[PDB]
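Complex: thiostrepton / 23S ribosomal RNA.
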Amino acid sequence: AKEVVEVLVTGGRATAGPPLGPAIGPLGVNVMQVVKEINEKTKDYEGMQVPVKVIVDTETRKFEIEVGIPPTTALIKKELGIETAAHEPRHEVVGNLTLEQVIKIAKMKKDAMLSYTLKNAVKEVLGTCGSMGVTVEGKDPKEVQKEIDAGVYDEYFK
Amino acid sequence: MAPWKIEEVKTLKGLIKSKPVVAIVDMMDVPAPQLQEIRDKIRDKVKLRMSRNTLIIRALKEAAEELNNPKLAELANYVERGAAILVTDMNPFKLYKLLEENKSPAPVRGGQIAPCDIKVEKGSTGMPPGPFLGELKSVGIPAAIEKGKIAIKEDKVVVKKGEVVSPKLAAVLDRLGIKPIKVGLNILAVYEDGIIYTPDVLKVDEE
Amino acid sequence: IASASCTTXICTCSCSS
RNA sequence: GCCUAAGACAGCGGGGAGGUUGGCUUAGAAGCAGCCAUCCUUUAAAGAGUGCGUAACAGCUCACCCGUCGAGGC
Ligand SMILES: [Mg+2]
Ligand SMILES: [Mg+2]
Ligand SMILES: [Mg+2]
Ligand SMILES: [Mg+2]
Ligand SMILES: [Mg+2]
Ligand SMILES: [Mg+2]
Ligand SMILES: [Mg+2]
Ligand SMILES: [Mg+2]
Ligand SMILES: [Mg+2]
Ligand SMILES: [Mg+2]
Ligand SMILES: [Mg+2]
Ligand code: NA
Ligand code: NA
Ligand code: NA
Ligand code: NA
């Protein structure tokens, strides 16, 4: 048979257990084999969570690896160069991004999002910041969101 | 006449009047992610709006009088089930194929039945011993342990078109990961140029 | 610190049984 | 008096989605141990979740929408 398994691993730091472990060893494949080559395709990606799909055949021995796109909270912390975000969101800053920065993230995740417009991908991303103690353009993001709608920025687009 | 309802009928009427072909589609049983996928893929080819069936019917009947068009009043006759308005420039037959293309297979569950034949294909099913064998008991799926792993005896027919799939004959098929029926936007009927096309007519192929 | 089929970070979990 | 045939209460069936396993914390902590936040998107609608549940996931449920029913509800 062929079974596909996705787990999110720390990029470069992938180990033989668990998260990857309970997810493959039932596929009758050797464990490190699908570990070396992960830390290969996620070298650049050091320290961050990233989705990894392992397409295994259980029959005749073989696997393959598809490195996916990191979650949004991840992409945010390495435009900030941080590892752990706020303990009390909206009670502390951590935590600042410029609107062009968020845009760059939005195009990366827009294709997995529901939003069919850039401006909506961005409003999404801003929402995630509201959960983390990050601010954009030096203000609460709930506000930047209002402004994109109010037609304040608008030049950063089209 | 809750104010939201008047504007609702207004919005529907706008759609109806706005394009040459008006279709009622059944939206029921389509899970949200598939529906989001589909709204996304046909977004620039069509407009699609779900509403209560009673309001879609006013909107059709009112639109009909404004346009002096008796046969899209007749379209209201087909508003049934999970009904939604879809309006476009595509001729109906192209619309039908566009929507058939975009359906998807899903588990059959308890009390509906067979669009086609189901069926179980054999070899290993992956599971360890357990209650699952004492689950292919009832169903007449012949089963035993082969190589320490659950396996069915046969490529059988448990069903055939026209008679009932048991409640738990279905949740067996679900755990087997079997997807016999297609789900998606299903056309109840389509109006264009003084004609109402029905699913019978829209189906016909080349012989 | 131990079990079979039971955690997320260290090393135990689940399986046959 | 207000809501209600442009569809009441109750039941039943379907949908109950995406960023996203929100941040933190934790061995784990994914709506549902705890702390903080509680936005945005597709929408007919759908809480950063009401209760079960699971080691965590899963699953069941509930809000919410649509259907069915058809005369009452506050
Ligand atoms: Mg998109
Ligand atoms: Mg009626
Ligand atoms: Mg009701
Ligand atoms: Mg229900
Ligand atoms: Mg349900
Ligand atoms: Mg976590
Ligand atoms: Mg939590
Ligand atoms: Mg869940
Ligand atoms: Mg829990
Ligand atoms: Mg909303
Ligand atoms: Mg009264
Ligand atoms: Na239906
Ligand atoms: Na999800
Ligand atoms: Na602990
Ligand atoms: Na949790």
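We name chains A, B, ... by the order of the sequence lines, and we start the count at 1 in each one. Computed over heavy atoms, backbone and side chain alike; hydrogens, waters and symmetry mates excluded. Modified residues are written as the parent amino acid, or X, and their further atoms are left out when contacts are counted.
To find every copy of thiostrepton, look at chain C. Every other chain with a heavy atom under 4.5 Å from thiostrepton (chain C) is named here: A, D.
The molecule name the entry attaches to chain A is 50S ribosomal protein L11. The shell of residues around thiostrepton (chain C) (heavy atoms under 4.5 Å) is A/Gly17, A/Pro18, A/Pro22, D/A27, D/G28, D/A55.
The contact set of thiostrepton (chain C) against RNA chain D at a heavy-atom cut-off of 4.5 Å is C/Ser5, C/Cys6, C/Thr7, C/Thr8, C/Unk9, C/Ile10, C/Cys13.
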